[PDB]
Amino acid sequence: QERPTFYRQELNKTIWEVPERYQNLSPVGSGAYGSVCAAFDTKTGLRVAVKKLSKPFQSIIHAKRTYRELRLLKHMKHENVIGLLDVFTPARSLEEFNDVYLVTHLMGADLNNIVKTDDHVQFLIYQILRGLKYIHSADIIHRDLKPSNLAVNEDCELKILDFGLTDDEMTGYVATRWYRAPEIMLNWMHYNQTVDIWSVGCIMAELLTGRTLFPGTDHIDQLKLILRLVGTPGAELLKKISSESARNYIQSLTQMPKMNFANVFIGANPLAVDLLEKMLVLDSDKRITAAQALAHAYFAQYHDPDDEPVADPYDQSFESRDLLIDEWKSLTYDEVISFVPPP
Ligand SMILES: Cn1c(=O)c(Oc2ccc(F)cc2F)cc2cnc(NC3CCOCC3)nc21
């Protein structure tokens, strides 16, 4: 990190100050907690996405999430997971440290601007599960997996964005909620990493049919659509719903049996139907895991147990830690300073 020369440019109505190596900066749009620009990295020859974080140390919540995102991106080193090519600040010291810029691969499209074959579905879902196995192996949950954070290149090579990171944007007929596990949508319980597997199920179904699986007009309508497909919960699951209020509402609903998935997904590969049945289980305890799903017959042509790596241990003790703004800021600066680019 032998200090490069920085230059200034106005882009997303703020001034961006970036090393000379990054040229031809052009806005892509909004990212998680900041705006994103496309650029050409003259050092590596890669087309890159550069995210400038907005007000990264404005509050404790902002400072902690800035540290969180940096920690997450620095840890992730997997073909199917967004990772960090570079991180920089124009600041020369902790004292003047105010801005954080994050750099990753520029991707061609997301899964939204791709669909509306079974072999393509196989490859796409395989890579999502491969990436999820890695993320989950580090005790990280995505929590908000959806087509818009699944980015793909021209060769259909896929990377997962925005892992591990309001009510109004969750309201109504919105894609922001359509892929959410019911237990997290309705805050039933302390949830596990198979919330992400529910999301994969929804995504896979949509790739297969060209249609949203559970296009609910609101939380309640969406629950009804879900329960019509998978059945109303039994006593066993009801017990696990620790929210007495949520549990009480569920029991008010007329009981419905699980539907026949072969009659729902007409003409689909029987192995795809089988996998969907194992992913779209209401009881999260009983959902197929990413590692288990990779071994399912549906992915026979792609599955390789020696080419599906797990992550190094990820220390997130910081998550249960209470610190001041300047403390989170200092930790973040340390991580910026210690960054080593990938080979
Ligand atoms: C929307 N978006 C991000 O939010 C994003 O976040 C970052 C994460 C970590 C970093 F170090 C830096 C980041 F910029 C990266 C990103 C890459 N490629 C693309 N391609 C678009 C995908 C949708 O179709 C148009 C091209 N979009 C992206």
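In chain A, numbers come from the PDB entry; the residues present are 3-118, 123-171, 175-352, in order. Method of determination (from the header): X-ray crystallography, 1.9 Å. Both ligands and their constituent atoms are indexed starting at 1 by order of listing.
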Between AZD4635, SYR-472, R1487, which one would you say is at ligand 1?
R1487
What's the chief binding partner of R1487 here? Just the name from the PDB entry is fine.
Mitogen-activated protein kinase 14
With heavy-atom distances below 4.0 Å as the criterion, list the atoms of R1487 near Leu75.
9 (C)
Interfacing atoms of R1487 (cut-off 4.0 Å, heavy-atom, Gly110)
24 (O), 25 (C), 26 (C)
Which active-site residue (per UniProt) in chain A approaches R1487 most closely, and what is the shortest heavy-atom distance, rounded to 1 Å?
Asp168, 5 Å
Could you tell me, atom by atom, which parts of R1487 come under 4.0 Å of a heavy atom of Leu167?
2 (N), 3 (C), 16 (C), 28 (C)
Protein heavy-atom partner closest to atom 4 (O) of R1487 - residue, atom, separation in Å
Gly33 CA, 3.3 Å
Protein heavy-atom partner closest to atom 3 (C) of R1487 - residue, atom, separation in Å
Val38 CG2, 3.7 Å
Nearest non-hydrogen protein atom, atom 16 (C) of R1487:
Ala51 CB, 3.8 Å
Any atoms of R1487 less than 4.0 Å from a non-hydrogen atom of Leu86? List them with their elements.
11 (F)
Going by the order shown, which atoms of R1487 are within less than 4.0 Å of some heavy atom of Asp112?
23 (C), 24 (O)
Atoms of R1487, numbered as shown, that sit under 4.0 Å from any heavy atom of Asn115:
24 (O)
Identify the protein heavy atom lying closest to atom 1 (C) of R1487, giving its residue, its atom name and the separation to 0.1 Å.
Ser32 O, 4.1 Å
Show me which atoms of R1487 lie under 4.0 Å from any heavy atom of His107.
17 (C), 18 (N)
Identify which of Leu74, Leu55, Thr106 has a heavy atom lying nearest to atom 9 (C) of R1487.
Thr106
In terms of residue, atom name and distance, what is the protein heavy atom nearest to atom 21 (C) of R1487?
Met109 O, 3.6 Å
Give the atoms of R1487, by number and element, whose distance to some non-hydrogen atom of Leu104 is under 4.0 Å.
10 (C), 11 (F), 12 (C)
Cross the UniProt ATP-binding annotation of chain A with the residues having a heavy atom under 4.0 Å from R1487, and give the overlap.
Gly33, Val38, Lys53
Counting residues of chain A that contact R1487, which UniProt domain comes out on top?
Protein kinase
Can a non-hydrogen atom of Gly31 be found less than 4.0 Å from any atom of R1487?
no
Name the residue and atom at the far end of the covalent bond from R1487, if one is modeled.
none
Just curious, which residues make up the binding site of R1487 with non-hydrogen atoms under 4.0 Å?
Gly33, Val38, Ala51, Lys53, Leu75, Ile84, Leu86, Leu104, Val105, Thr106, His107, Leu108, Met109, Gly110, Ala111, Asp112, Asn115, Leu167
Name each N or O atom in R1487 that is under 3.5 Å from a protein N or O, and give the partner atom and the distance.
residue: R1487; atom: 18 (N); partner: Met109; partner atom: N; Å: 3.0
residue: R1487; atom: 20 (N); partner: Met109; partner atom: O; Å: 2.9

